[PDB]
Enquirer: 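Context: structure of carmegliptin in complex with Dipeptidyl peptidase 4.
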Protein chains: 2
Amino acid sequence: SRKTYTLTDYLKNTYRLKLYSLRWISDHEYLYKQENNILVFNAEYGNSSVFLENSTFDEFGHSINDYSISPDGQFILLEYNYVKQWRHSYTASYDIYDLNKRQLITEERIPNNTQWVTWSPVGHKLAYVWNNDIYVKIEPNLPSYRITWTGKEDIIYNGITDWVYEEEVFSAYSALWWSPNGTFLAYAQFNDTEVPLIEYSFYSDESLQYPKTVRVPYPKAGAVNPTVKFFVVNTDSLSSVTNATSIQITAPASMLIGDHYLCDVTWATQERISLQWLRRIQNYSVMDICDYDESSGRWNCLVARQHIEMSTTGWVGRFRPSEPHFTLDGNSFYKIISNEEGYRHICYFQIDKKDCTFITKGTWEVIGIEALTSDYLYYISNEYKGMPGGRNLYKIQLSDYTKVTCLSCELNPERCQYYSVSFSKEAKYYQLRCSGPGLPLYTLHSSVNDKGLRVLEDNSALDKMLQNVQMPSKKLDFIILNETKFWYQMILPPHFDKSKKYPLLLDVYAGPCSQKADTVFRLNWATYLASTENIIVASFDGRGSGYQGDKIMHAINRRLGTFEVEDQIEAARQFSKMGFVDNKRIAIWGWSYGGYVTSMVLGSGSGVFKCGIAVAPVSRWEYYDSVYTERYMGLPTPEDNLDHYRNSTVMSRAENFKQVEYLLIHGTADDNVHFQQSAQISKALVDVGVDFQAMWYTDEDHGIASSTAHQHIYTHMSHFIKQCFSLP
Amino acid sequence: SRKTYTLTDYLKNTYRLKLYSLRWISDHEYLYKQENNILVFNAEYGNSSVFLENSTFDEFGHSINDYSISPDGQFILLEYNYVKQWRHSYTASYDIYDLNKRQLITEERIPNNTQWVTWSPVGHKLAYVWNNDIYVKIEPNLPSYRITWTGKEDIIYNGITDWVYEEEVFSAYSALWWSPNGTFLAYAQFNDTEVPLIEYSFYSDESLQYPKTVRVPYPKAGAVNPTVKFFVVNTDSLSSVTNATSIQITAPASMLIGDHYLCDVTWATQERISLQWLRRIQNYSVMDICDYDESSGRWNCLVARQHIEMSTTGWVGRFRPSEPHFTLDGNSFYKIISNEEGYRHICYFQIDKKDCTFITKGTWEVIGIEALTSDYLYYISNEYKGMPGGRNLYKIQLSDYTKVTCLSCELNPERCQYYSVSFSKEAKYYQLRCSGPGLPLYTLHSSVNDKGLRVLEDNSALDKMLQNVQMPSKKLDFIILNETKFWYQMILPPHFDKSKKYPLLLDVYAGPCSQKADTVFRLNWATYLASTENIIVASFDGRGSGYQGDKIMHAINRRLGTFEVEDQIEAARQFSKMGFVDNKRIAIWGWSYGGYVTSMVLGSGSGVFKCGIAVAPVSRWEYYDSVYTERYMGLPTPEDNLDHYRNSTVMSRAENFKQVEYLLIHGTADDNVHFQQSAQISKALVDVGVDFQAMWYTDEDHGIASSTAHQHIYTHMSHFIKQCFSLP
Ligand SMILES: COc1cc2c(cc1OC)[C@@H]1C[C@H](N)[C@@H](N3C[C@@H](CF)CC3=O)CN1CC2
Ligand SMILES: COc1cc2c(cc1OC)[C@@H]1C[C@H](N)[C@@H](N3C[C@@H](CF)CC3=O)CN1CC2
Ligand SMILES: *[C@@H]1O[C@H](CO)[C@@H](O)[C@H](O)[C@H]1NC(C)=O
């Protein structure tokens, strides 16, 4: 009788999840936006005031995209004229507003087309990047100091990342790091001079008579990478008539030997910086510890205090070497490291001592370190009930490592199994964020005795509405393969009957260190497919998946397109032998890495799958970027791993596609997984005489995320699946 | 006849048409290659010998693409290493072979990557173009003379055409014209300095890591055009000590005023050249008659012999001003011109005299002048039986214009209604070739008494095969609209039955001066659809179509995407009201201009069509090239024709596509109708939420002609049409 969850509900965001995004501003207060007011909340009591009225900036004359308020809170940055670049990068204009006065600063403004801006961590200093060069304002209404003069578009990057560093290393556009004082400004310089360029057409509005050619420095597998240098400037000693001095910190000898990456920059104290470096063969990394000399005014990284992290079985880290969390005095730190068993746990390092001490252990993994006080370290793990797809906050007493308390496990075990956390400065309070299996729940807690303070957002409005709809359910469980537990989830249609045979859609990603079987609550395409179309949407975490130790994660080493493709095939045969799937209506779809696996599955000749959809897939690893590809594959040389680079293409399997119905989709302005990749798949299918379906999205990138394109692609894909499953 | 005409019959050329391509080498002999042997034929008697044995070049080491024998029979050009550029252009390598001996010439070879080669019309002088420069050899074994020193890739073209002149004007890569003596070499020079570039990706073989960007000087509508200069060089006065001297013939004062083009080049005598020029606004053209000055070494074009061809109702010529046919003495010529009533007929021009004399008249059109003697003019018209889609050879006694013989009409009237002709030098003999309605038939005749000599190829081999296949039939008729006849054709299924109702596919082109209803015999996709799938395939020649007078052809002046679209809709409507058509199953499809019309029809909201396919369509006239577009559209300025440019796009009709099923196909390496055109169509449909089907062909151009791609596109369109029509 109830209404079902329709395609229009998903596409038009009918049932919206409520959030509670706060920004901690001290040990005891946070900011929060309510009816476009910025409010300040008191954590202990819950009382709030208005930080900045909504009626302010009504007369501004531009839509304010974002704000950033100075640490010692006298000013606010007004971000406007936002223009997106890649995943993280963008460009905007900035006004500064004097909070103690009534006024906007009208003099010595931050330029338009600024690439990145940051307040110092204390006070109100400003560092920004404009035309690839760094600038510093000591006071908001005073002239900026020019730190660098070398910045050149697409060639020299000062204080910002280039394409690969942004995407694959720092996950940020920024390459600026203030010291905790704000005295020193550390920054990276990238040089792309010999990095080859990827070129593609941008069609723009119909009024553009000639297409534009977009050109991006982008190193493909085995090509010339950018080079990096690292600098630190003393911001306290700047002159308005004399160019500033930047002291270079050079990478260790064991890196300078060949191609290498800067991997991590972490300030330890007011005068000590930590730097991680990684070799182009991502087997070997080095932590440098560099102290400032008050005498010479230089930085020195003592060779004897270098920490080395290498891997025997795979690469280093999950996607990169993990970051250190330093103790207040800067002499010791904690870092997630893979133990002797291959499970990732917290190791304790002391700076002039050689090894480290493991502080956690077991057949589970630490996801992240979240806070460190003198008495406690707070971390998230998937320990609870041996479920790799669950997430919980834990707390260790530093006086006794075996004294561990779960802080979130038993708060609401039916509703809440997937937490993240946001601590205040000094971690006097924390916000817990639950994500599933039930509706998201946001709560405020106090650290002293771990008291629940206040519920912040419980999604009761959403709960009301969803009782009027035939919601699907989710099963999360595991199967055994060669004496090993591999997890899966199923999104089961309402009124699920185990004697009826249902069509199954296999939803795949399967990238290295991925997880698609978990406990989070989602409203998405699969929700629609199960609720309205009565399709089972399964996902499975095979070899190469993350969070279950290295034996599973590193099984895929030097061998992408291999075990992770077999394990999706085998999971579907498994699901077949369960009594409720129609083994004649098994489909497969995935996006990105998911597209590659879908395509590799479809060209396998398994016979299991009737049809599949690949959206923006990798087709050949030599087409993807160097930092990512080479991490899992090594180099595409006969000396190294060429043979498997050449055996793991989608193209090589073109004949086998005559046994399946295939939908290939790609955005034309994909800067990440180039349209080229699908252009080669289709060319190979034509050459072999294999009919299939295609769809390009003009001027869309990897997300195909514009409002109209997003609605279009999901509409197109639904038709294809329904016709494949003979659904009306 | 049991077995049907299949898709695989079409795709694999199961039923090959035989041809008889001969090369006249004198008044009374021709060359003809048979297997790999070049034979020489005597026209009067029929006897023949092998001119060049297939064995001759067994040990050459390259497959030869083509041959060219010098007009004196002493030497042969061997073309190999053929690489296609655009529709007509290509590069190749050339060796010369002395025939009197039996030897390859090894010194002073024609270089690799030669862009064009031509023998003089008499003897064995060679002229060639390499790296955009002209060279001349007086003797095959001797060093070549460099004529031009200004050639520059994509900038200066000497003796070859740039993209637009090749495609739109000359239909040739060549821009060289030897005089009938071989004394003078005339040539054009093109300057693309300021012409904007179309840029698109080319992905190449799988091995290519980074796609290429192809960049072509290509003026879109209203953009900066190339400039042209004309030069004549004397080939008898060349020195291997001094640089060659090129004499410039400048355009007439009435062309020099604004942008213009070189239209036509036709030598009159050993010392007289004819030149036609056209204003960028192509309703005004000027013919210049230029004579050589023996005393000064110059060329003068007197205004007394200048002729103006202009048009009040449209543009000049069918696609360009027509070529002159001069009498031997060079003092007069014949030319196809639109008469007072707007029908195209032969005018007789005397060189220093005003006006011209129409020698033909009537409500029909001369297609071409084919040969001129002292006693007779030979031309092709559609006069016979008042059928615009028929073609016959005629003969005029020049002493009395009213005395016209039809030479081909009654030769075989049920089988043969569409002729072309090839006359020998001095026209003592002619090859007639008929193309339909029956199987092609090749015959030889002598001009003395117009006696049939010999049948050359009668396709009797194909006739027997087709006897054993269920072949469709062709209906050619007309319908009346206002008070005008508009012709159509239907390919009808075998065993057609007017009491039954058939699905109907409209096959559309409908560009200006097109004819889709003719008497030609074809084996194509439509053959398969009628024979195997029992679909009627209709084509219709409405307003804008050719060979019926300017009142019909010029209807579309300044107004593309109007009447020609309207008329196709009416045609389909009329076919509905015919008792043998199922009006719930009417489709439409077209390529290039036809894809544009298909789309405009599908976007019309007429309700007549269930589905349609557009291959490589134009979507907006500002995207197509200046020379073709401005001919019909004028300039896209507010003081010219911007409003109808803006009102005739496919994109603006996007909302209307929710009422139909649409398949859109484009090759990504289309240098002619750019992928941009379909890219914009798809974006418009997405912006408006219309589902449709798509298919790109990576690296395919306007023809989508590579054997795998050709097979793949027609397979794909066959599926689309079959499911649109509910055909199993
Ligand atoms: C936790 O931090 C990270 C998480 C993740 C990543 C990087 C991180 O930081 C380095 C990478 C970056 C990579 N570019 C992305 N891929 C794979 C490509 C298809 F094979 C297409 C594409 O966009 C996959 N994600 C997976 C999740
Ligand atoms: C008889 O000589 C000619 C015959 C023809 C033409 C030119 C001639 O002389 C130069 C033109 C040239 C034009 N480029 C071509 N189109 C139209 C475009 C679609 F809008 C895409 C495309 O390729 C259509 N053809 C039709 C036949
Ligand atoms: C909360 O209330 C206290 C006591 O009235 C007040 O001093 C404080 O400013 C309040 N905090 C906020 C954020 O309004």
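Chain naming here is simple, since letters A, B, ... match the order of the sequence lines and numbering starts at 1 in each. First listed ligand is number 1; within each ligand, the first listed atom is number 1.
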Enquirer: What parts of this PDB structure belong to carmegliptin?
Expert: ligands 1 and 2
Enquirer: With a 4.0 Å cut-off on heavy-atom distances, which other chains neighbour carmegliptin (ligand 1)?
Expert: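 Going by non-hydrogen atoms, A.
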Enquirer: Determine whether any heavy atom of A:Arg87 lies closer than 4.0 Å to an atom of carmegliptin (ligand 1).
Expert: yes
Enquirer: Relative to atom 24 (C) of carmegliptin (ligand 1), which among A:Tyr509, A:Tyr624, A:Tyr596 owns the nearest non-hydrogen atom?
Expert: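 Nearest option to atom 24 (C) of carmegliptin (ligand 1), by heavy atoms: A:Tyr509.
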Enquirer: Is the shortest distance from a heavy atom of A:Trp621 to carmegliptin (ligand 1) less than 4.0 Å?
Expert: yes
Enquirer: Should the proximity of A:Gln677 to carmegliptin (ligand 1), defined as any heavy atom under 4.0 Å, be assigned to the side chain, the backbone, both, or neither?
Expert: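 The answer is neither; A:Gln677 stays 4.0 Å or more away.
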Enquirer: Among all protein heavy atoms, pick out the one at the shortest distance from atom 9 (O) of carmegliptin (ligand 1); state its residue, atom name and that distance to 0.1 Å.
Expert: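 The closest one turns out to be A:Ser171 OG, 3.3 Å.
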Enquirer: Which atoms from carmegliptin (ligand 1) have a heavy atom of A:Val618 less than 4.0 Å away?
Expert: 19 (C), 20 (F)
Enquirer: Quick one: look up the protein heavy atom nearest atom 13 (C) of carmegliptin (ligand 1) and list residue, atom name and how far away it is.
Expert: A:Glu168 OE1, 3.5 Å
Enquirer: May I ask you to identify, for A:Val673, whether its side chain, its backbone, both or neither come under 4.0 Å of carmegliptin (ligand 1) on a heavy-atom basis?
Expert: side chain
Enquirer: For carmegliptin (ligand 1), is A:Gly511 a contact, meaning one of its heavy atoms is under 4.0 Å away?
Expert: no
Enquirer: Would you say A:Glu167 has any N or O atom under 3.5 Å from an N or O of carmegliptin (ligand 1), going by distance alone?
Expert: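 Yes: some nitrogen or oxygen of A:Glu167 is under 3.5 Å from one in carmegliptin (ligand 1).
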Enquirer: Considering only heavy atoms, which residue marked active site by UniProt in chain A comes closest to carmegliptin (ligand 1), and how close, to 1 Å?
Expert: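 The UniProt active-site residue closest by heavy-atom distance comes out as A:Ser592, 3 Å.
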Enquirer: Side chain or backbone, does A:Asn672 bring an N or O within less than 3.5 Å of an N or O on carmegliptin (ligand 1)?
Expert: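 Yes; at least one N/O pair falls below 3.5 Å.
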Enquirer: With atoms numbered from 1 as shown, which atoms in carmegliptin (ligand 1) lie under 4.0 angstrom from a non-hydrogen atom of A:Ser592?
Expert: 18 (C), 19 (C), 21 (C), 22 (C)
Enquirer: Heavy atom to atom 6 (C) of carmegliptin (ligand 1), shortest distance: which of A:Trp591, A:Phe319, A:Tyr593 holds it?
Expert: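 That would be A:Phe319.
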Enquirer: Hey, which residues are hanging around carmegliptin (ligand 1) within 4.0 Å, heavy atoms only?
Expert: A:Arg87, A:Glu167, A:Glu168, A:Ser171, A:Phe319, A:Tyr509, A:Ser592, A:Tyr593, A:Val618, A:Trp621, A:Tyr624, A:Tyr628, A:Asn672, A:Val673, A:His702
